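Here is a PDB entry that includes theophylline.
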Amino acid sequence: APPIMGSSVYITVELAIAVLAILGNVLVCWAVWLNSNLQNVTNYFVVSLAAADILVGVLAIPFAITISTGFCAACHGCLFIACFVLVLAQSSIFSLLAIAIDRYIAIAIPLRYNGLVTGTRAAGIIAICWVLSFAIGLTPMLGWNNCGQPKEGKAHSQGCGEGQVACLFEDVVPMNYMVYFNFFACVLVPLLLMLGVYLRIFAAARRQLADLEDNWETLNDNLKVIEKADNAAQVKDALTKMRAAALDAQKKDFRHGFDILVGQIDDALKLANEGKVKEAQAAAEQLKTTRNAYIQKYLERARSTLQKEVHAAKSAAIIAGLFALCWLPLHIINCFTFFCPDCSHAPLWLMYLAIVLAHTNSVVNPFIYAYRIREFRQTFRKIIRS
Ligand SMILES: CC(C)CCC[C@@H](C)[C@H]1CC[C@H]2[C@@H]3CC=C4C[C@@H](O)CC[C@]4(C)[C@H]3CC[C@]12C
Ligand SMILES: CC(C)CCC[C@@H](C)[C@H]1CC[C@H]2[C@@H]3CC=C4C[C@@H](O)CC[C@]4(C)[C@H]3CC[C@]12C
Ligand SMILES: CC(C)CCC[C@@H](C)[C@H]1CC[C@H]2[C@@H]3CC=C4C[C@@H](O)CC[C@]4(C)[C@H]3CC[C@]12C
Ligand SMILES: CCCCCCCC/C=C\CCCCCCCC(=O)O
Ligand SMILES: Cn1c(=O)c2[nH]cnc2n(C)c1=O
Ligand code: NA
(Lines of atoms letter the chains of each structure in order from A; the text may use other names.)
(Lines give C-alpha, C1' and ligand atoms only; values in the text may rest on other atoms or scores of the structure.)
(Ligands and ions follow the chains in the order given, each with its own letter.)
Protein backbone atom coordinates (compact mmCIF):
# COMPACT_ATOMS: atom_id res chain seq x y z
CA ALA A 1 0.00 0.00 0.00
CA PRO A 2 1.25 3.57 -0.77
CA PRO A 3 2.67 5.27 2.38
CA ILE A 4 1.72 8.82 1.35
CA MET A 5 -1.99 8.01 1.00
CA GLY A 6 -2.41 7.20 4.70
CA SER A 7 -0.20 10.21 5.47
CA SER A 8 -2.47 12.50 3.43
CA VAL A 9 -5.28 12.18 5.99
CA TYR A 10 -2.95 12.82 8.95
CA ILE A 11 -1.53 16.02 7.44
CA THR A 12 -5.02 17.29 6.57
CA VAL A 13 -6.35 16.77 10.11
CA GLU A 14 -3.18 18.30 11.59
CA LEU A 15 -3.54 21.46 9.49
CA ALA A 16 -7.25 21.69 10.37
CA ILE A 17 -6.43 21.47 14.09
CA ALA A 18 -3.75 24.16 13.66
CA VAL A 19 -6.32 26.51 12.10
CA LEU A 20 -8.76 26.11 15.01
CA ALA A 21 -5.85 26.33 17.47
CA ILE A 22 -4.60 29.70 16.23
CA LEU A 23 -7.98 31.36 15.61
CA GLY A 24 -9.73 30.23 18.81
CA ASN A 25 -6.91 31.25 21.17
CA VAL A 26 -6.23 34.56 19.39
CA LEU A 27 -9.84 35.48 20.21
CA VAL A 28 -9.13 34.89 23.91
CA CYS A 29 -6.02 37.12 23.92
CA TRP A 30 -7.88 39.83 21.99
CA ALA A 31 -10.80 39.62 24.44
CA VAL A 32 -8.63 40.20 27.52
CA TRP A 33 -7.02 43.22 25.82
CA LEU A 34 -10.34 44.97 25.14
CA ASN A 35 -12.43 44.22 28.24
CA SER A 36 -11.17 45.61 31.55
CA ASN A 37 -13.20 43.17 33.68
CA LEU A 38 -11.19 40.32 32.08
CA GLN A 39 -7.93 41.99 33.14
CA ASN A 40 -7.23 40.20 36.42
CA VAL A 41 -4.66 37.83 37.93
CA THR A 42 -6.60 34.69 36.97
CA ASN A 43 -6.95 35.59 33.28
CA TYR A 44 -3.23 36.37 33.01
CA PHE A 45 -2.57 32.66 33.51
CA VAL A 46 -5.31 32.06 30.94
CA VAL A 47 -3.50 34.20 28.35
CA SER A 48 -0.27 32.36 29.23
CA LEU A 49 -2.20 29.15 28.56
CA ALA A 50 -3.62 30.53 25.29
CA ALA A 51 -0.07 31.50 24.28
CA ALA A 52 0.94 27.83 24.55
CA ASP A 53 -2.05 26.80 22.42
CA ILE A 54 -1.29 29.41 19.75
CA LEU A 55 2.34 28.24 19.53
CA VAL A 56 1.10 24.68 18.91
CA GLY A 57 -0.68 25.57 15.65
CA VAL A 58 2.20 27.78 14.47
CA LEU A 59 5.17 25.53 15.25
CA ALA A 60 4.38 22.36 17.22
CA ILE A 61 1.96 21.01 14.59
CA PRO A 62 4.31 21.95 11.67
CA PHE A 63 7.03 20.22 13.73
CA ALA A 64 4.79 17.17 14.28
CA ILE A 65 4.26 16.79 10.52
CA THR A 66 7.96 17.15 9.65
CA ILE A 67 8.94 14.40 12.13
CA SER A 68 6.69 11.81 10.47
CA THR A 69 8.69 11.99 7.22
CA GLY A 70 11.90 10.75 8.86
CA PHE A 71 14.03 13.24 6.90
CA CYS A 72 17.80 13.55 7.28
CA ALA A 73 19.06 16.01 9.90
CA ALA A 74 21.74 16.46 12.57
CA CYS A 75 20.78 14.58 15.74
CA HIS A 76 20.86 17.77 17.85
CA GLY A 77 18.69 19.58 15.30
CA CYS A 78 16.27 16.63 15.26
CA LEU A 79 16.00 16.84 19.07
CA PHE A 80 14.66 20.41 19.02
CA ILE A 81 11.77 19.76 16.61
CA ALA A 82 10.88 16.62 18.58
CA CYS A 83 11.11 18.13 22.07
CA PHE A 84 9.74 21.65 21.55
CA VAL A 85 6.18 20.39 22.08
CA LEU A 86 7.32 19.19 25.52
CA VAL A 87 8.15 22.81 26.41
CA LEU A 88 4.61 23.88 25.46
CA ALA A 89 3.08 21.04 27.48
CA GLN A 90 5.10 21.88 30.61
CA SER A 91 4.07 25.54 30.31
CA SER A 92 0.39 24.55 30.24
CA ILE A 93 0.66 22.39 33.38
CA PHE A 94 2.26 25.26 35.33
CA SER A 95 -0.50 27.55 34.04
CA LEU A 96 -3.19 25.05 35.06
CA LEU A 97 -1.56 24.57 38.47
CA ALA A 98 -1.42 28.34 39.00
CA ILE A 99 -5.12 28.79 38.18
CA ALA A 100 -5.99 26.08 40.73
CA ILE A 101 -3.93 27.80 43.44
CA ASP A 102 -5.27 31.24 42.48
CA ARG A 103 -8.81 29.88 42.88
CA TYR A 104 -7.88 28.24 46.19
CA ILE A 105 -6.50 31.47 47.68
CA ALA A 106 -9.62 33.31 46.47
CA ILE A 107 -11.93 30.93 48.36
CA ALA A 108 -9.81 30.14 51.44
CA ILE A 109 -8.77 33.61 52.62
CA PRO A 110 -10.69 36.20 50.50
CA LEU A 111 -9.45 38.94 52.84
CA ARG A 112 -5.76 38.14 52.28
CA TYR A 113 -6.32 37.65 48.53
CA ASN A 114 -5.76 41.36 47.83
CA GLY A 115 -2.33 41.32 49.50
CA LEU A 116 -1.00 37.89 48.47
CA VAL A 117 -1.58 38.11 44.70
CA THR A 118 -1.02 41.18 42.51
CA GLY A 119 -0.49 42.12 38.85
CA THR A 120 3.32 42.27 38.84
CA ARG A 121 3.87 39.25 41.10
CA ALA A 122 1.94 37.16 38.55
CA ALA A 123 4.11 38.32 35.63
CA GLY A 124 7.24 37.19 37.49
CA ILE A 125 5.61 33.81 38.19
CA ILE A 126 4.71 33.29 34.51
CA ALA A 127 8.27 34.11 33.39
CA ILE A 128 9.76 31.57 35.82
CA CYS A 129 7.34 28.89 34.58
CA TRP A 130 8.26 29.60 30.94
CA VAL A 131 11.99 29.41 31.76
CA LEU A 132 11.48 26.18 33.73
CA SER A 133 9.34 24.78 30.89
CA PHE A 134 12.23 25.24 28.44
CA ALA A 135 14.65 23.52 30.83
CA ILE A 136 12.30 20.59 31.50
CA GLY A 137 11.19 20.27 27.86
CA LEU A 138 14.62 20.49 26.22
CA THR A 139 16.41 18.33 28.82
CA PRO A 140 17.32 15.64 26.18
CA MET A 141 19.41 18.25 24.33
CA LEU A 142 21.75 18.52 27.34
CA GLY A 143 22.98 14.96 26.73
CA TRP A 144 20.14 12.60 27.67
CA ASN A 145 19.43 11.29 24.17
CA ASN A 146 20.20 8.48 21.71
CA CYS A 147 22.59 10.48 19.50
CA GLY A 148 25.50 8.38 20.82
CA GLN A 149 24.14 5.14 19.33
CA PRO A 150 22.40 6.12 16.04
CA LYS A 151 20.74 3.81 13.51
CA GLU A 152 23.25 3.77 10.64
CA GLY A 153 21.15 1.34 8.58
CA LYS A 154 18.31 3.87 8.43
CA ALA A 155 20.81 6.68 7.76
CA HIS A 156 22.27 4.89 4.72
CA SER A 157 18.83 3.69 3.60
CA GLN A 158 17.44 7.24 3.72
CA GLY A 159 20.63 8.42 1.98
CA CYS A 160 21.54 10.71 4.88
CA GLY A 161 24.98 12.31 4.66
CA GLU A 162 27.69 11.73 7.28
CA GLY A 163 26.62 13.02 10.69
CA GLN A 164 22.93 13.06 9.76
CA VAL A 165 20.25 10.64 10.99
CA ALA A 166 16.70 9.75 9.96
CA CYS A 167 14.80 12.08 12.29
CA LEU A 168 12.18 10.05 14.18
CA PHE A 169 10.85 10.63 17.71
CA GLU A 170 11.48 7.22 19.30
CA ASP A 171 14.93 7.16 17.68
CA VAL A 172 16.35 10.31 19.30
CA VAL A 173 14.31 10.53 22.52
CA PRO A 174 14.91 7.80 25.18
CA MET A 175 11.76 6.22 26.61
CA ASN A 176 13.18 6.38 30.15
CA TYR A 177 12.99 10.17 29.81
CA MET A 178 9.41 10.16 28.48
CA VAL A 179 8.20 7.71 31.14
CA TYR A 180 10.16 8.31 34.35
CA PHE A 181 11.14 11.96 33.96
CA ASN A 182 8.48 13.50 31.72
CA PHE A 183 5.34 11.47 32.42
CA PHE A 184 5.74 10.58 36.10
CA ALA A 185 7.64 13.52 37.60
CA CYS A 186 6.68 16.44 35.36
CA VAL A 187 3.14 15.52 34.26
CA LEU A 188 1.53 12.96 36.58
CA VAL A 189 2.76 14.43 39.88
CA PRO A 190 1.44 18.02 39.24
CA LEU A 191 -1.81 16.56 37.88
CA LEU A 192 -2.44 14.62 41.11
CA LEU A 193 -1.76 17.86 43.01
CA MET A 194 -4.43 19.68 40.97
CA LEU A 195 -6.81 16.90 42.03
CA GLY A 196 -6.02 17.47 45.71
CA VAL A 197 -6.07 21.25 45.26
CA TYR A 198 -9.57 21.26 43.73
CA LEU A 199 -10.74 18.77 46.37
CA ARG A 200 -9.83 21.21 49.15
CA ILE A 201 -11.63 23.92 47.18
CA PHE A 202 -15.03 22.19 47.02
CA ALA A 203 -14.68 20.94 50.61
CA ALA A 204 -13.97 24.50 51.79
CA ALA A 205 -17.05 25.76 49.95
CA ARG A 206 -19.10 22.90 51.43
CA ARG A 207 -18.26 23.91 55.01
CA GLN A 208 -19.08 27.60 54.53
CA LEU A 209 -22.34 26.85 52.70
CA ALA A 210 -23.35 24.52 56.65
CA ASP A 211 -21.85 27.54 58.44
CA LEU A 212 -24.19 30.09 56.84
CA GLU A 213 -27.02 27.60 57.45
CA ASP A 214 -26.02 26.68 61.02
CA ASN A 215 -26.07 30.33 62.10
CA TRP A 216 -29.44 30.89 60.42
CA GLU A 217 -30.85 27.91 62.35
CA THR A 218 -29.10 29.14 65.51
CA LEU A 219 -30.90 32.47 65.10
CA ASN A 220 -34.43 31.14 64.48
CA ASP A 221 -34.37 28.21 66.91
CA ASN A 222 -33.28 30.52 69.74
CA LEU A 223 -35.90 33.15 68.88
CA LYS A 224 -38.95 30.89 69.20
CA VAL A 225 -37.83 29.58 72.61
CA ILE A 226 -37.86 33.12 74.02
CA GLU A 227 -41.56 33.48 73.14
CA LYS A 228 -42.66 30.39 75.08
CA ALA A 229 -39.99 30.88 77.77
CA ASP A 230 -40.58 30.32 81.49
CA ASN A 231 -38.14 32.63 83.29
CA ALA A 232 -35.29 35.14 82.92
CA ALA A 233 -32.76 32.28 82.85
CA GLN A 234 -34.31 30.78 79.70
CA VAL A 235 -34.25 34.10 77.81
CA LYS A 236 -30.56 34.47 78.74
CA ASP A 237 -29.46 31.15 77.21
CA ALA A 238 -31.41 31.73 73.98
CA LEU A 239 -30.12 35.30 73.54
CA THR A 240 -26.50 34.56 74.53
CA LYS A 241 -26.45 31.75 71.95
CA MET A 242 -27.90 34.18 69.39
CA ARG A 243 -25.28 36.82 70.27
CA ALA A 244 -22.54 34.23 69.69
CA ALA A 245 -23.94 33.43 66.23
CA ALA A 246 -24.47 37.15 65.54
CA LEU A 247 -20.74 37.93 65.64
CA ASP A 248 -19.87 34.51 64.18
CA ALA A 249 -21.97 35.03 61.04
CA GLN A 250 -20.40 38.47 60.51
CA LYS A 251 -17.09 36.74 59.75
CA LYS A 252 -21.59 49.96 54.87
CA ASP A 253 -25.07 48.38 54.74
CA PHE A 254 -23.37 45.26 56.11
CA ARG A 255 -22.00 46.76 59.34
CA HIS A 256 -25.11 48.93 59.80
CA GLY A 257 -27.62 46.06 59.82
CA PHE A 258 -25.64 44.18 62.49
CA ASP A 259 -25.29 47.23 64.76
CA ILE A 260 -29.09 47.20 64.95
CA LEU A 261 -29.31 43.40 65.31
CA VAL A 262 -26.76 42.99 68.12
CA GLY A 263 -27.94 46.29 69.64
CA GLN A 264 -31.43 44.80 70.04
CA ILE A 265 -29.99 41.61 71.57
CA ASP A 266 -28.01 43.73 74.06
CA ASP A 267 -31.19 45.59 75.06
CA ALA A 268 -33.21 42.38 75.38
CA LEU A 269 -30.35 40.78 77.34
CA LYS A 270 -30.15 43.52 79.98
CA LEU A 271 -33.88 43.10 80.66
CA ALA A 272 -33.17 39.44 81.45
CA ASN A 273 -30.36 40.35 83.87
CA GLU A 274 -32.74 42.82 85.56
CA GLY A 275 -35.30 40.00 85.75
CA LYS A 276 -37.91 41.62 83.46
CA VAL A 277 -39.34 38.47 81.84
CA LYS A 278 -42.24 39.75 79.72
CA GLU A 279 -40.35 42.87 78.62
CA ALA A 280 -37.37 40.74 77.56
CA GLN A 281 -39.64 38.47 75.49
CA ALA A 282 -41.23 41.50 73.81
CA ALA A 283 -37.91 43.28 73.21
CA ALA A 284 -36.61 40.18 71.41
CA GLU A 285 -39.71 40.25 69.19
CA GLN A 286 -38.39 43.39 67.47
CA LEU A 287 -35.57 41.18 66.14
CA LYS A 288 -37.94 39.60 63.59
CA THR A 289 -38.41 42.76 61.52
CA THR A 290 -34.68 43.39 61.85
CA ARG A 291 -33.96 39.83 60.68
CA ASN A 292 -35.93 40.14 57.43
CA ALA A 293 -34.85 43.69 56.58
CA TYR A 294 -31.04 43.34 56.49
CA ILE A 295 -29.85 39.88 57.53
CA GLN A 296 -31.97 37.70 55.23
CA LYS A 297 -30.56 39.76 52.34
CA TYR A 298 -26.99 39.10 53.52
CA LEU A 299 -27.85 35.41 54.09
CA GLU A 300 -28.93 35.87 49.76
CA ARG A 301 -25.93 38.05 48.87
CA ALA A 302 -23.17 36.07 50.61
CA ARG A 303 -24.74 32.82 49.37
CA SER A 304 -24.89 34.32 45.87
CA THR A 305 -21.16 35.13 45.95
CA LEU A 306 -20.25 31.57 47.00
CA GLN A 307 -22.06 30.13 43.96
CA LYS A 308 -20.03 32.47 41.73
CA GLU A 309 -16.69 31.30 43.14
CA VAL A 310 -17.73 27.64 42.89
CA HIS A 311 -18.97 28.04 39.31
CA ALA A 312 -15.59 29.65 38.56
CA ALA A 313 -13.80 26.68 40.15
CA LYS A 314 -15.71 24.04 38.16
CA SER A 315 -15.08 25.99 34.93
CA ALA A 316 -11.34 25.88 35.64
CA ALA A 317 -11.56 22.25 36.79
CA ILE A 318 -12.91 21.24 33.37
CA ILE A 319 -9.86 22.66 31.57
CA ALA A 320 -7.42 20.59 33.64
CA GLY A 321 -9.70 17.57 33.14
CA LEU A 322 -9.78 17.92 29.34
CA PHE A 323 -6.00 18.44 29.37
CA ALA A 324 -5.57 15.11 31.16
CA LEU A 325 -7.97 13.21 28.90
CA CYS A 326 -6.28 14.50 25.73
CA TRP A 327 -2.70 13.75 26.77
CA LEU A 328 -2.99 10.52 28.76
CA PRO A 329 -3.49 8.12 25.76
CA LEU A 330 -0.15 9.16 24.23
CA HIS A 331 1.61 8.66 27.58
CA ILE A 332 0.22 5.12 28.00
CA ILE A 333 1.47 4.07 24.56
CA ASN A 334 4.88 5.33 25.69
CA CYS A 335 4.49 3.19 28.82
CA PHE A 336 3.67 0.13 26.70
CA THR A 337 6.65 0.70 24.38
CA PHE A 338 8.90 1.16 27.41
CA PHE A 339 7.66 -1.42 29.90
CA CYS A 340 6.52 -4.20 27.55
CA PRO A 341 9.04 -5.23 24.83
CA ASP A 342 7.26 -8.59 24.49
CA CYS A 343 4.11 -6.75 23.39
CA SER A 344 3.79 -5.74 19.75
CA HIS A 345 4.40 -2.05 19.08
CA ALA A 346 1.26 0.08 18.70
CA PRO A 347 0.17 0.45 15.02
CA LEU A 348 1.15 3.63 13.17
CA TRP A 349 -2.48 4.74 12.79
CA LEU A 350 -2.95 4.55 16.57
CA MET A 351 0.22 6.63 17.00
CA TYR A 352 -1.27 9.25 14.66
CA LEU A 353 -4.59 9.13 16.52
CA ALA A 354 -2.96 9.80 19.90
CA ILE A 355 -0.86 12.71 18.59
CA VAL A 356 -3.83 14.55 17.05
CA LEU A 357 -5.80 13.87 20.25
CA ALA A 358 -3.02 15.58 22.21
CA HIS A 359 -3.09 18.46 19.72
CA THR A 360 -6.87 18.86 20.05
CA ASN A 361 -6.42 20.19 23.60
CA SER A 362 -5.35 23.48 22.00
CA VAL A 363 -8.80 23.83 20.41
CA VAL A 364 -11.01 22.88 23.37
CA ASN A 365 -9.93 25.72 25.68
CA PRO A 366 -11.82 28.73 24.15
CA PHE A 367 -15.02 26.70 23.76
CA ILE A 368 -15.18 26.17 27.53
CA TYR A 369 -14.84 29.87 28.38
CA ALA A 370 -17.59 30.95 25.97
CA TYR A 371 -20.01 28.25 27.14
CA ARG A 372 -19.37 28.70 30.87
CA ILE A 373 -17.94 32.17 31.57
CA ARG A 374 -20.58 34.82 30.88
CA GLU A 375 -18.14 37.74 30.55
CA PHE A 376 -16.03 35.94 27.93
CA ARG A 377 -19.23 35.00 26.08
CA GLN A 378 -20.59 38.55 25.62
CA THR A 379 -17.05 39.76 24.88
CA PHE A 380 -16.70 37.38 21.91
CA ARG A 381 -19.94 38.53 20.25
CA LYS A 382 -19.07 42.23 19.88
CA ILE A 383 -15.64 41.23 18.54
CA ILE A 384 -17.19 38.92 15.93
CA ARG A 385 -19.88 41.48 15.03
CA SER A 386 -17.13 44.09 14.55
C1 LIG B 1 10.65 32.52 15.01
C2 LIG B 1 10.17 31.27 14.28
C3 LIG B 1 9.08 31.62 13.28
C4 LIG B 1 11.32 30.53 13.62
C5 LIG B 1 11.38 29.05 13.89
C6 LIG B 1 12.78 28.50 13.82
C7 LIG B 1 12.92 27.16 13.10
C8 LIG B 1 12.19 27.19 11.75
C9 LIG B 1 14.39 26.76 12.97
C10 LIG B 1 15.30 27.31 14.10
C11 LIG B 1 16.50 26.34 14.23
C12 LIG B 1 16.28 25.35 13.09
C13 LIG B 1 17.02 24.01 13.08
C14 LIG B 1 18.54 24.22 13.15
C15 LIG B 1 19.32 23.04 12.66
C16 LIG B 1 18.83 22.03 11.95
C17 LIG B 1 19.74 20.92 11.45
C18 LIG B 1 19.53 20.58 9.99
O19 LIG B 1 20.29 19.41 9.65
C20 LIG B 1 18.08 20.30 9.71
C21 LIG B 1 17.19 21.47 10.14
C22 LIG B 1 17.35 21.89 11.62
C23 LIG B 1 16.74 20.81 12.54
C24 LIG B 1 16.64 23.26 11.79
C25 LIG B 1 15.12 23.14 11.60
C26 LIG B 1 14.41 24.50 11.68
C27 LIG B 1 14.75 25.25 12.97
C28 LIG B 1 14.10 24.56 14.19
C1 LIG C 1 -4.26 7.41 34.95
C2 LIG C 1 -2.95 7.34 35.73
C3 LIG C 1 -3.21 7.11 37.21
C4 LIG C 1 -1.98 6.30 35.15
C5 LIG C 1 -2.59 5.00 34.66
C6 LIG C 1 -1.81 3.79 35.10
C7 LIG C 1 -0.73 3.31 34.13
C8 LIG C 1 0.64 3.79 34.58
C9 LIG C 1 -0.81 1.78 33.94
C10 LIG C 1 -2.25 1.27 33.65
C11 LIG C 1 -2.10 -0.05 32.85
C12 LIG C 1 -0.60 -0.32 32.87
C13 LIG C 1 0.01 -1.32 31.90
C14 LIG C 1 -0.70 -2.66 31.95
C15 LIG C 1 0.03 -3.69 31.14
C16 LIG C 1 1.34 -3.68 30.96
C17 LIG C 1 2.04 -4.86 30.31
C18 LIG C 1 3.11 -5.45 31.21
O19 LIG C 1 3.84 -6.46 30.50
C20 LIG C 1 4.07 -4.38 31.68
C21 LIG C 1 3.36 -3.18 32.31
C22 LIG C 1 2.26 -2.55 31.41
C23 LIG C 1 2.91 -1.91 30.17
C24 LIG C 1 1.50 -1.49 32.27
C25 LIG C 1 2.23 -0.14 32.30
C26 LIG C 1 1.53 0.92 33.18
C27 LIG C 1 0.05 1.08 32.85
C28 LIG C 1 -0.13 1.80 31.49
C1 LIG D 1 -7.03 7.50 29.30
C2 LIG D 1 -8.25 6.74 28.78
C3 LIG D 1 -9.04 7.60 27.80
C4 LIG D 1 -7.86 5.39 28.17
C5 LIG D 1 -7.40 5.40 26.73
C6 LIG D 1 -7.11 4.02 26.20
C7 LIG D 1 -5.63 3.70 25.93
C8 LIG D 1 -4.73 4.35 26.98
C9 LIG D 1 -5.41 2.18 25.82
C10 LIG D 1 -6.71 1.35 25.63
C11 LIG D 1 -6.28 0.01 25.00
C12 LIG D 1 -4.76 0.12 24.87
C13 LIG D 1 -4.02 -0.77 23.88
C14 LIG D 1 -4.28 -2.25 24.16
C15 LIG D 1 -3.26 -3.15 23.52
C16 LIG D 1 -2.15 -2.74 22.91
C17 LIG D 1 -1.25 -3.73 22.21
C18 LIG D 1 0.22 -3.53 22.54
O19 LIG D 1 1.00 -4.39 21.69
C20 LIG D 1 0.63 -2.10 22.32
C21 LIG D 1 -0.23 -1.14 23.13
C22 LIG D 1 -1.74 -1.27 22.86
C23 LIG D 1 -2.07 -0.74 21.45
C24 LIG D 1 -2.51 -0.50 23.96
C25 LIG D 1 -2.14 0.99 23.98
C26 LIG D 1 -2.99 1.84 24.93
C27 LIG D 1 -4.49 1.63 24.71
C28 LIG D 1 -4.91 2.19 23.33
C1 LIG E 1 -1.40 26.57 9.59
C2 LIG E 1 -0.32 27.36 10.30
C3 LIG E 1 1.07 26.82 10.08
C4 LIG E 1 1.87 27.58 9.05
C5 LIG E 1 2.86 26.73 8.27
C6 LIG E 1 2.22 25.81 7.25
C7 LIG E 1 3.20 24.89 6.54
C8 LIG E 1 3.88 23.91 7.43
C9 LIG E 1 3.45 22.49 7.20
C10 LIG E 1 4.11 21.58 6.55
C11 LIG E 1 5.42 21.77 5.85
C12 LIG E 1 6.60 21.57 6.74
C13 LIG E 1 7.65 20.61 6.20
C14 LIG E 1 7.08 19.34 5.59
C15 LIG E 1 8.09 18.24 5.40
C16 LIG E 1 9.38 18.68 4.74
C17 LIG E 1 9.77 17.81 3.58
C18 LIG E 1 11.21 17.35 3.58
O19 LIG E 1 12.10 18.17 3.90
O20 LIG E 1 11.46 16.17 3.24
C1 LIG F 1 4.96 13.75 22.55
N2 LIG F 1 5.24 12.69 21.56
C3 LIG F 1 5.46 11.40 22.05
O4 LIG F 1 5.42 11.15 23.25
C5 LIG F 1 5.72 10.47 21.00
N6 LIG F 1 5.99 9.12 21.02
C7 LIG F 1 6.17 8.76 19.75
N8 LIG F 1 6.03 9.76 18.88
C9 LIG F 1 5.76 10.83 19.68
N10 LIG F 1 5.53 12.12 19.27
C11 LIG F 1 5.57 12.48 17.85
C12 LIG F 1 5.27 13.09 20.21
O13 LIG F 1 5.06 14.25 19.89
NA1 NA G 1 -1.30 23.48 25.27
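One-based numbering along the sequence shown. Ligands are counted one by one from 1 in listed order, and the atoms in each one are counted from 1 as well. All heavy atoms count here, side chains included; hydrogens, waters and symmetry mates do not.
- Counting every copy, the structure places theophylline at ligand 5.
- In this structure, the main binding partner of theophylline (ligand 5), as named in UniProt, is Adenosine receptor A2a.
- In chain A, numbering transmembrane segments from the N terminus as UniProt does, a non-hydrogen atom closer than 4.0 Å to theophylline (ligand 5) occurs in segments 5, 6, 7.
- Residues with a heavy atom within 4.0 Å of theophylline (ligand 5): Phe169, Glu170, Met178, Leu330, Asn334, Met351, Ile355.
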